[PDB]
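Consider the following structure, which contains halofuginone.
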Amino acid sequence: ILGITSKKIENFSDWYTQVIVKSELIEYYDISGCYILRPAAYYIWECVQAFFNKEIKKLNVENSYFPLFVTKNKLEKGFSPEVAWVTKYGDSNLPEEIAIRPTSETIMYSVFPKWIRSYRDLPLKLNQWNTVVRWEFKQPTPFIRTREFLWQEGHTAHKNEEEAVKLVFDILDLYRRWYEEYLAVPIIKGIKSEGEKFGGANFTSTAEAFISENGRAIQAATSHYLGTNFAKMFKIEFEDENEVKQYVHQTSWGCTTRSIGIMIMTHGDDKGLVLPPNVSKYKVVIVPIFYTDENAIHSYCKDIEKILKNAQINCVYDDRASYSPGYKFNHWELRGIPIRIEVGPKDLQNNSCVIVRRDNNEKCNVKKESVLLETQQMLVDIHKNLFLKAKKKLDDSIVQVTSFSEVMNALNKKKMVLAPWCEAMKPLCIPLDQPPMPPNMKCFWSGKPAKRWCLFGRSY
Ligand SMILES: Nc1ncnc2c1ncn2[C@@H]1O[C@H](COP(=O)(O)OP(=O)(O)NP(=O)(O)O)[C@@H](O)[C@H]1O
Ligand SMILES: O=C(C[C@H]1NCCC[C@@H]1O)Cn1cnc2cc(Br)c(Cl)cc2c1=O
Ligand SMILES: [Mg+2]
């Protein structure tokens, strides 16, 4: 009951449920597919939100808030069974049903024509941090697929294709950094196939992550070039620099709290949650061991707490008298605190302490004067190690194939497949980083000549 009783490989699904609850990330809720985000989970969202905000602001993107509700006729300008409908206020029916936003396309693009008259009004760059609701038919999973989820949705409109297209890939790399620099998760940039892209999009760029334990790919984030599709539909036009009426070129992009789930599944182990330092409130936990003047142990630990905190490194000194040091060890490992500092009589004797990494459980005795410096670079190295170990697993999950039997073998081993492309397992994306393609290569399913490599696999 106390700790994680299932192993990540043996029973991944039950391991996941145990980790997210016992590490105090979420609480389950009496509405299926909805979950309470406890402070530990929301801190992660706050962090990546702060990062993403800073970066998109550099791209002159402005934050805004559009209404949670959209009327029936405006929404209705193959998704409808996912729409949640507000019908009643109190005991009175609404004259017209109103929908809860599943996304803000119809809400925003209905007003864009009013804001866009000439080239002078361009580019228009908007972003929202909000919630949307979708009554997912597929089985709900905490973070990964929820019926209400926090996200960010960006929407832009430009004078031409090139400015729009560049921003699409600018945003896509921000998503890359989002996962890499804060969640320590490696992702693959790519273009969706025509059958997998957002229907309203010209093309859909994507960031894909992969979970080796169940052999499933997860779309980490999206970034669409919408072209003039929505511009035509909503009559979003502007007057040229040459007085000619033109359609705007639009982009849209989004990343949700699914990112947190991807992080958990990536870095979590059999001991429980493992947090990248950049998304953990407490970077260090200080645990005291008695046998010995207790008050002297308190003074030493508090001194180290002051040293770290003064250097703007948030940490916690677990001085709860009712719990053994061993209990505290597991307590904070479970909650994913990157670093544990142990202080006992022996450490107090040499004016030193034991520092313990959460990721590989490596221990080392450091002098009190070197605690700060060693802590700082250890937090750096922990993030590097988490990312690199994760990248190795991602890379080792892809097999380059040129035949059907090679595909069957990879599918049976829960691997992803990199196959020739000439345009349940499905096409995931056409990776931006293309390996060389032999001149006379064919798709083994069509015989047509291959132009690029496509990534295939099962997905969430
Ligand atoms: N219910 C959900 N909970 C969490 N994240 C989600 C959910 N639905 C979609 N996302 C993610 O939100 C981002 C953009 O969503 P979106 O463009 O609506 O894709 P989508 O068409 O809903 N994909 P899918 O629902 O799996 O067929 C992607 O990274 C999705 O993985
Ligand atoms: O939501 C999208 C496309 C983009 N909109 C916001 C930015 C990120 C995102 O990729 C695809 N999508 C997904 N699910 C939907 C569910 C409903 Br219900 C509706 Cl009306 C519409 C949609 C819908 O448009
Ligand atoms: Mg969907």
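Note that chain A is numbered according to the PDB entry, with residues 251-327, 334-547, 550-681, 710-746 shown in order. Only this structure's heavy atoms are used, side chains among them; waters, hydrogens and symmetry mates stay out. Looks like X-ray crystallography, 2.3 Å, at least that's what the header says. All ligand and atom numbering here is 1-based and tracks the order in the structure.
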Enumerate the ligands or chains that make up halofuginone.
ligand 2
Name, as UniProt does, the macromolecule that halofuginone contacts most in this entry.
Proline--tRNA ligase
What residues contact halofuginone if the heavy-atom distance limit is 4.0 Å?
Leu325, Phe335, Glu338, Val339, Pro358, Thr359, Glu361, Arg390, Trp407, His411, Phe454, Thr478, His480, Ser508, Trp509, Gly510
Give the residue and atom name of whichever protein heavy atom lies nearest to atom 6 (C) of halofuginone, and the separation in Å to one decimal.
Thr359 OG1, 3.2 Å
Nearest non-hydrogen protein atom, atom 10 (O) of halofuginone
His480 NE2, 2.6 Å
Of the protein's non-hydrogen atoms, which lies at the shortest distance from atom 20 (Cl) of halofuginone, and what is that distance?
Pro358 CG, 3.5 Å
In the protein, what heavy atom is nearest to atom 5 (N) of halofuginone, and what distance, to one decimal place, separates them?
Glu361 OE2, 2.6 Å
Return the residue, atom name and 0.1 Å-rounded distance of the protein heavy atom closest to atom 23 (C) of halofuginone.
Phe335 CE1, 3.6 Å
Enumerate residues in chain A that UniProt marks as binding L-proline and that sit less than 4.0 Å from halofuginone by heavy atoms.
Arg390, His480
Should you measure from each heavy atom of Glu338, which atoms of halofuginone turn up under 4.0 Å away?
16 (C), 18 (Br)
Halofuginone atoms in contact with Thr478 (distance to a heavy atom under 4.0 Å)
8 (C), 9 (C), 10 (O)
